[PDB]
Engineer: 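The following entry shows salinosporamide A (bound form) complexed with proteasome endopeptidase complex.
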Amino acid sequence: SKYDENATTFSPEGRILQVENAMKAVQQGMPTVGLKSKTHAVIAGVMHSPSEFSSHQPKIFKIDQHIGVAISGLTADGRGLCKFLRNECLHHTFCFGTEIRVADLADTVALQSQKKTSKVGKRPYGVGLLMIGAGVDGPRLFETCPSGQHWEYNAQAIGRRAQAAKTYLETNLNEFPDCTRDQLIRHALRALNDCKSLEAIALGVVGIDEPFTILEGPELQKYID
Amino acid sequence: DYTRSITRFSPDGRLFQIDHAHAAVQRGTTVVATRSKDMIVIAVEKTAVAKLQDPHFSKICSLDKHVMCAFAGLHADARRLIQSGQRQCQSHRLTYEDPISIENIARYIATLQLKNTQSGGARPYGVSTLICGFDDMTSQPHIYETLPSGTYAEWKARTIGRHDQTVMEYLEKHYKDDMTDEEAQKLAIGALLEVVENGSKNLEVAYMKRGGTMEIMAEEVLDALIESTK
Amino acid sequence: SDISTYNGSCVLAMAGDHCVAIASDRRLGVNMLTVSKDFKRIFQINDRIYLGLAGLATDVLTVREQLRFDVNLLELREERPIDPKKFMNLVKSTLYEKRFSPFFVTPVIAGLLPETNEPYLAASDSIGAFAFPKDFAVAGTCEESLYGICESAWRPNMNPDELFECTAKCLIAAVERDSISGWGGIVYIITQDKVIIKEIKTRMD
Amino acid sequence: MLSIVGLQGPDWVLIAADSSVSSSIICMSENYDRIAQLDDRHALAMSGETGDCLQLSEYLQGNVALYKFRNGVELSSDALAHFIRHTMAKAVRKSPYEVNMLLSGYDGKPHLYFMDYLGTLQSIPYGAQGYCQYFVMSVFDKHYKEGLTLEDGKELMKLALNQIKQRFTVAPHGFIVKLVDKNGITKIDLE
Amino acid sequence: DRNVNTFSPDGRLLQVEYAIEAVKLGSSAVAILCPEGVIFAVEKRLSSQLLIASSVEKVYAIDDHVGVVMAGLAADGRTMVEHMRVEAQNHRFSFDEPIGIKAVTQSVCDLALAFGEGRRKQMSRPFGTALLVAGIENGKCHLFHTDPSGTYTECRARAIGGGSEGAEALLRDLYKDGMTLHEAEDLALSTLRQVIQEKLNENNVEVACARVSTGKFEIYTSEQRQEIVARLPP
Amino acid sequence: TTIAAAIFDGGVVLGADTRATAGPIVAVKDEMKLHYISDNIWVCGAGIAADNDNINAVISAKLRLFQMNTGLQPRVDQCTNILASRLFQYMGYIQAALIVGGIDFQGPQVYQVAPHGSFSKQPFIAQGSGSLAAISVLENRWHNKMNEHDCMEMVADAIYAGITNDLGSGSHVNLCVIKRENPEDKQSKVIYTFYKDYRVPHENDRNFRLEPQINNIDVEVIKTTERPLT
Amino acid sequence: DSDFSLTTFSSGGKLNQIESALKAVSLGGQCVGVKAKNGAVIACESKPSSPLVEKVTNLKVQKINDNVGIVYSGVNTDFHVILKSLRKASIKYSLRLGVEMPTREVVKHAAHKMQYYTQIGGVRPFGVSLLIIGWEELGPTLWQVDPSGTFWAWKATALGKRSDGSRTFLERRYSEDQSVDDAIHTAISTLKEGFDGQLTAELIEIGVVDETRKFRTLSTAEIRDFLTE
Amino acid sequence: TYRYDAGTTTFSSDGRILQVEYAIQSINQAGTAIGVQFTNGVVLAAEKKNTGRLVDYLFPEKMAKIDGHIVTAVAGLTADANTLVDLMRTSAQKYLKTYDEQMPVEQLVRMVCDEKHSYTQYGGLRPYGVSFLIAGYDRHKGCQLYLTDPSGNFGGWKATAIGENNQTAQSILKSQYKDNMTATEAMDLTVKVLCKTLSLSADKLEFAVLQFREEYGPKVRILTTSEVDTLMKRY
Amino acid sequence: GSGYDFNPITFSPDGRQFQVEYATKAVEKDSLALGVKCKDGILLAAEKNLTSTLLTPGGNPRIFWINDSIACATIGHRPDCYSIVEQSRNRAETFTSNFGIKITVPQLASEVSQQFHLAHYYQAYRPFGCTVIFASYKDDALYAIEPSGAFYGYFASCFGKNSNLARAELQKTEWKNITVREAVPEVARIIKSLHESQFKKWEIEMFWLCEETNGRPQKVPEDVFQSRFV
Ligand SMILES: *C(=O)[C@]1([C@@H](O)[C@@H]2C=CCCC2)NC(=O)[C@@H]2CCO[C@@]21C
């Protein structure tokens, strides 16, 4: 409590309490789920509707043609990170002319978040990103943390009620590598359904040859069964 | 450079630094700006040692030949506001050749105060400013009150500084929708006198006539109007 | 042609018997055109220091004002008048700070040493290459003419009258051979007691 | 190479300027007011590219007004002249204003200053910027008398402008003359 | 804590939540979207009759097609609307088209959370203003809500200010997707009147419509505000 | 200009003419081209007089500050490195062709530094316009471990050769003999003896002058005013 | 961001950091200065950390220029920084004006630097008080420069350890008519008064400005010559 | 960070910058400085902060010249006073370079007060704990005397005081100050007010006499120790 | 306890850098990673206690490439771990830009310890809660930098939880006597013996730099040693 002053302050236990507060800010975001097959990767999430007549706040974003990120936490910080990631993809498609690897984007966003947590006067991004990419590296899923680190996953859940989604993913973890695009999307939607408190769920799906695309609302009806 | 975010929100949602800047304003001398169809009048009460100092240090300033400006609050923060406002009037002339709109210059002063409320390492101006003047582009005299918060609002008759609520009540009671220039003078003078127990030797009254510059009321005409109001 | 030749100037300083004499043409010319005959090129820098700036009128005024800024600041911060040698080094610093965008004025410092009252002439080029002639310091577009006339004419130990005599005559000879210089002369005789400012008559063509 | 001519009198200053603005070989306007009224007391005739003259005039007028408003005192004619000189001295070395000016001001005393793009400041009884000086200075020298009346002053300025019209190859199609006196800057016609 | 960009143990930016509170201290404003247009009805708080109502305008036209109503700090909202106007004119300059409502909303939101402290020379605190951005894009009216946190959401109906929660509760059973612009104006003014502490009048209210038929965000005049307040059931 | 420094057994002899020309005209006939750097180091410079004077003053200040802070005797190679770096960073625009001549723990050292920053340790060096006329004497009369007087005469004769053969050089030969106060004691204090006007060529003096100076210019004084000197 | 000023006025108008730096001066080693008719003197009790210290390597009495000299009391490193700055200012003054920086100009530059460090942020005031001697036109001058940047001019003063007792001693045993030798004797006696045990020429450094108007540090031989008498 | 920051450029619950109020209190703890305007000049007087049997009163401590027409007495931190006097001298000479005219007194006072205010509103730095009695002459407003504050607030005063017992000195001036006084009368008034408020040794006092003469112009002379002693012995 | 633990640059009255000690605590919390120098190369083995079974098998690296000859095992705060990895890559690239050759682990460790030290030496930085073991066979170097910035070459380094026991076990083997392929089973046995039962799923991320890799960093192939365990 007394050491929860800055992101630059270590608590006597080695913990950065402001970093942990930002991580909790991510854990307070709406349920986000990511999956990874040998051919496709999926990010889905129950978008948040602050008001009854307000639309669901977009949660899935397309960083590059085969890269997308699902934000969980401060959506403004998520948009800032999306801007940064799109700049990184545009400078990798400028310097090298090809699409960056989602692993490199995870590295860059982790570096930026760590620099936010290592210099005073900066706050960790209050948003965690489930980034799915596809390329020469294959489909890859990364959960980037406010602390400045990204964890590579075959599946993952973050935000609120994400323990049920994590349990579902653990149960079906060995199914995912062979799951087709349609089956991976179905698994994503059925991991989110366990988190239900659809027109709220937005799902970005990418493949090795399939460019990243965002499906929302009725477009996902075919993947419920 | 130094950026300590002097102005931050409180749990109840208040910028305590803006409250303190308003307190600084409310310890400043009373200013009363009133308008007529063709003339604006500003009356600032003056606290001074008449036998030992020159009363020529005026709260009323002229940002431009058409923009009159009075203030309540810290005289140094007000001097900075007036200096920046004069610079902005001349820069608007440089950039447009047209006299700066009274709304434009009032917005600029309010935005200066607001930037001080927003810039780290910058103390909000402890000054509330009455930016008055005439626009040929609108054919309307204007009197805007810019606050330390950076909010500016046009008024038919506004007062700032100490005793601002009593003078506001006086203005509300004795305001006419279509006052003549002398009626505006009488309203401003009487509103200031309602809290001041001294005549011309204390009050300072300036005015701006349609398509005119700022003229400071004499110590003879001011006293005559004071007696007429009483 | 040349920027220095734009404003014709002719500044002279001579050393006498415990007295200096700084004379200057009074013409503000623009190339070949006479604009004024009341142009001040000699400025009093201190009670016993006079500075004649022979060169571009722009840089004459700029350098004079910059050295009045420096001398006033020095005398305020030190409560003491600036010495002729201290002011010479100040002018050298001022010109060499703009060495690579030089002022197009050659300064001529005519002063008297604070205590000994000895003559002190100090003429530099545009960039503060100060010389300290014990006899005469010349500057301006009449530089060759002034050098020639003062080499033969200047004599040691000239009293204020004789020092004025050559300062005026020698400057007249210089300006009358310079087309862009002349139109009246002004000679400041600096002595122990008084400064005598004599406006001398030169050719007005 | 525009013809601006100043003539200082005992208690007035007649400042005239070429009223013909031009683009290349085209006389765009025949009544362009090249004289800039920086203050109610000071009229600055400017010879140079119309854009440079306009920008410098606006900068100087804004600075004069800013001095009048910041401090409750108006610049003198010597103070304004040296402020213009400082501006030109700054400009020449870095980003030069290619304008040669005649600053005519009345602050209880008539003043006429010969100013150039470099920054040479000189109070003059009469003068000109452009090639017109080559034509008008002599006429002033020939016909200027100390204590010249305002009517004699207008006659002498008219003579100088007529000399510009007659002998200068690029004869200005007309001049705008302004009288700077205790009453301010008033535009006049010399006929 | 004690620094602006600090996270509570609950995972909230404390300055952001306090700016949300500041918005809750601002004047009420109801934005009702209907297929014909988006209608703002805003409480103009007049501390005196001498206060020129047109000068405390809580509604700002960002562009011809898009407008904005503020709640909270009028000066921070002025900064936000200034940024939005610059963004709209820059977008018209760069892409020869009106800026999308979502696009300008996202731009001002990105500006919103760029506050910082402790780093050498930026705003030092979040904007204490929530905007109801609305406008006509591609023959459609779009209504967006920005709050100090920098999050924006598209809204069919929204409320910002002191009566925001009560206004939303009243809108629960009062708002429908197919209302006419007449009905949208009536609902906005009714909700505002219900969530303000003074009798509704044309002078203490500001009404503005991003109208699809005109394709423009106009601000209603006193006559139009009277034309709406007259129809209200009270 | 003719500047020439050589190294004799006990030290260094630097020499310079005293003629500064403002083009084809001899501006100065007693110009000082030998610049004191430190008690052990003197630089005789050619090129632009302002550049030489200023760079020598600046490096003398640098080495005086060095000797003060560090208590260390400035080194001739140290002075030469500072001079060469400064002249290189100005890309030869500081036209100061310098000859550093000093005595440090490494003994008597003479370095040349070109205006562009190219330095070189040489036993005898001649720079300036008459540098060739001087170097001839230096080439023919310099030998390893010559005594002080022979090196003095050689450097003076080289400066005189530059004076007579070169138009840019003339007037007198100023010498500066850096030497250890006790030549037999290599650790003794390095002192300098400056021989101003070491050579005053009599054939190069003003040999004629009108005893009655003939002048037919009469001064007409327009106006006279006398002002006190205080 | 540490650009905030750590030297700030306290509730009563007392710059606590200035008082703290002054206390650092008061525990920084006694240094005395005495202004004679024909010169000035500044000595200090420079007792080394150990007999193994080489005195010349950390002389407390130092030259600012040919005419001005400085002794200090307080943080040795702060004095060295101020001394380098003052010597650099003097050489700059020589470059711009051809003469050594005047004594009062050196004092005012030291005072300006110290005030600057008492006002700008991220720094503490210099924890040294400087006794600067040098000649002005009207004669020799001794100047105290405090951490605040306020500079007294003294006929005599001590400002280090037990400096109150030493200043009372100077008040009691100082006369204007003292010569430079008399001033050196007065400074040595003041150091003896405020020093425990027998004073030694090794343990004190003396720097004097005399009729020559040039500042010179007395060698240990000269200091011992003065002590023996 | 900012744990050990004093909020020098931050407002207090009352609305006054507590660092400016503490600077004002520091001034009130400093030697009294008094200014009095007479017909064609202003006399400034001050009490030296460094006053001992050993202190050598070589040069003015509280009194400084800003230009040939402007002089300043100071109450408060003498170091901040020296810094702002250097800044004022540079500003006056800058105005002279720009306009070839002596800087108007009100504009130099506004410049030093803008500096002092900037230290109270930006940068989180310590305020200038000095109050200047800036006496001077300009053609515009004749001879003027301005009282500056650490806040950056200034006001013209016919006669005023700052420092210790500044209120007592102000009351004495109010009871005794006359208009259109002579240089001698105003100097004697300053002596009386100092003697009553303030010991009283002449060498402990500093005097400067700005005087505008149509012939010589505005002349500033800071009275030397001999002049101060002769003037005080006359009371 | 006392307040000396908030500012990284603050020293405890015992000379302890409490923030550096807390960064070291962050290192000690993490699962142990170690490195051993062997005859054929250097083997870096990082224990990855997989928090979730969903983590990619073989993903989430703790050993990183720094150069085509330098690998980097990382312990502690993984954000700081990868920050230091990327800063080491940048330092190697800058070293190549300035000097052309590829950096060596000793001087790479010095350059990165410079950043480690700057973190707790200048304010406005957080000490890196990570220990980085740079290994290079081509430099025969195994240098571990600690959170303080203390870097030492090791014959066998190890940091993290149970690092003392891991070092004690590494001490039992003369690693240079054996090659990397026979070192892998020994290190794997060490970590498995120290692996805590609470972590069911986990991995041994082994990398080696050897002649078999031509000195290039390379993850130990799965066939050689299946890194994944249950
Ligand atoms: C010498 O090179 C020379 C002198 O003015 C000389 C310059 C440097 C030291 C001071 C005196 N430089 C010149 O420009 C002329 C040209 C011929 O050589 C000069 C006399």
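We name chains A, B, ... by the order of the sequence lines, and we start the count at 1 in each one. Just so you know, ligand 1 is whichever comes first in the structure, and atom 1 is the first atom listed for that ligand. Looks like electron microscopy, 2.9 Å, at least that's what the header says. Below, all heavy atoms of this structure are taken into account, side chains as well, without hydrogens, waters or symmetry copies. The displayed model is a subset of the deposited entry, and contacts were enumerated within the subset.
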Engineer: Please list, by chain letter, the other chains with any heavy atom under 4.0 Å from salinosporamide A (bound form).
Structural biologist: F
Engineer: Mind listing the residues near salinosporamide A (bound form)? I'm using heavy atoms under 4.0 Å.
Structural biologist: F/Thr1, F/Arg19, F/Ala20, F/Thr21, F/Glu31, F/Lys33, F/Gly45, F/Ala46, F/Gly47, F/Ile48, F/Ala49, F/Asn52, F/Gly168
Engineer: Which organism of origin does this entry record for chain F?
Structural biologist: Trichomonas vaginalis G3
Engineer: Give the residue and atom of any covalent bond from salinosporamide A (bound form) to a chain.
Structural biologist: F/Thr1 OG1
